[PDB]
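Summary heading: complex between ricolinostat and Hdac6 protein.
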Amino acid sequence: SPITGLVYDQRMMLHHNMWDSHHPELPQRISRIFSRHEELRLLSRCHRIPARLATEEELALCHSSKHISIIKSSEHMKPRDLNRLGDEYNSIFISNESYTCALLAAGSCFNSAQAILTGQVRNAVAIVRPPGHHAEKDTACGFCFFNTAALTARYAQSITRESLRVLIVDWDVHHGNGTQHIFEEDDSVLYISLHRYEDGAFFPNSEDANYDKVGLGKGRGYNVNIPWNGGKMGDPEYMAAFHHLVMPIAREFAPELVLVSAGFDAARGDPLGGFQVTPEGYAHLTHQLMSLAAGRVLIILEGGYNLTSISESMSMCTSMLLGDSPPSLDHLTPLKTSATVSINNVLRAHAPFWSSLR
Ligand SMILES: O=C(CCCCCCNC(=O)c1cnc(N(c2ccccc2)c2ccccc2)nc1)NO
Ligand SMILES: [K+]
Ligand SMILES: [K+]
Ligand SMILES: [Zn+2]
């Protein structure tokens, strides 16, 4: 009986950009990742989980009725009207297939979480597009329509109990502004993001992503931002952040389910990120999170734009979930000075809330 689930459906390739056919969020992102799983003989080792559509009642766990109704109406618009609607948001393109593809991405992740929680599988991966982490309650943003990861947390609570403890780890190179805002006054969902910041000048261009935003109300302490400035970061800085911050806070919270907002745009070779994390580095981050929540872990694709880099990086994560031995990293070398400044600023902000840090 396979201990790892996998979901993929080629219908999610139909969303496309009719005015700019080389735009980086390409249909072949998901088909290239699936083909590499066949070449490495990983697909036959997994249990295949089918895709489905999310329902409109499920979308209302996080989104307004007006936002649901506007995106739904684009299914039948003519080209001139699709171009006008898209230009009303920050960095969005739309075709007649976009609404259906965003529904399939969300429902694929609901079926995966249900298989994990009922014990049919121990853990799982989801090869899905368009992405989710910039979408807000009332608007679309940054290539994203509905917030797939935030919806999956609320779905899991609805079928078990309202206070089920969920951790979301966001290792995409950009800040997830929508996920932060949805859970900002909530102590049942812990949000932890690592991201390129540059004093507010990198997308999405807001001071909401700095280390001093810690949560609101009864949610004070349950929002953790790790921002990078002035440096091309890689394996040494990401391992240091996990050892001093991510893993001590996670163990004290003691989650019952772990969701990864797993973009691969911090990887060596990415044309938007400019950073240097390796496939062996992503394998070590995956193996550390497998020690939490009695092993209940779901990996969800977000961004990432070098086709060879994302195919090798996500395949190594699946190999770790199946139980293979982790590969060795490069030799030890000094951290960059600005990265130690960032880690010290986060420790000073969260020490009042977490005894494992003081
Ligand atoms: O991932 C996400 C979603 C992120 C949304 C970002 C919106 C602002 N837009 C860019 O950030 C951006 C940066 N770069 C480039 N391209 C480029 C690519 C293909 C064709 C032409 C140009 C580029 C390449 C090399 C050197 C200079 C520019 N395109 C867009 N969230 O997690
Ligand atoms: K992030
Ligand atoms: K929170
Ligand atoms: Zn990204």
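Residues 441-798, in that order, are what chain A shows, numbered as in the PDB entry. Computation of the quantities below employed the complete heavy-atom set of this structure, encompassing side-chain atoms and omitting hydrogens, waters and symmetry-equivalent molecules. Start at 1 and go down the list; that is how both ligands and their atoms are numbered.
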Which ligands or chains belong to ricolinostat?
ligand 1
Other ligands and ions with atoms under 4.0 Å from ricolinostat
ligand 4 (zinc ion)
Taking 4.0 Å as the limit for heavy-atom contacts, which would you say applies to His573 with ricolinostat: side chain only, backbone only, both, or neither?
side chain
Is there any N or O on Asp612 that sits under 3.5 Å from an N or O of ricolinostat?
yes
Okay, what organism does the entry have down for chain A?
Danio rerio
Atom 10 (C) of ricolinostat: the protein heavy-atom neighbour that sits closest, reported with distance to 0.1 Å:
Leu712 CD2, 4.1 Å
For atom 4 (C) of ricolinostat, state which one of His463, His614, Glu742, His615 supplies the nearest heavy atom.
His614
Write out the binding site of ricolinostat as chain and residue number, heavy atoms closer than 4.0 Å.
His462, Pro464, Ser531, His573, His574, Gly582, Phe583, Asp612, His614, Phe643, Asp705, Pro711, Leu712, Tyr745
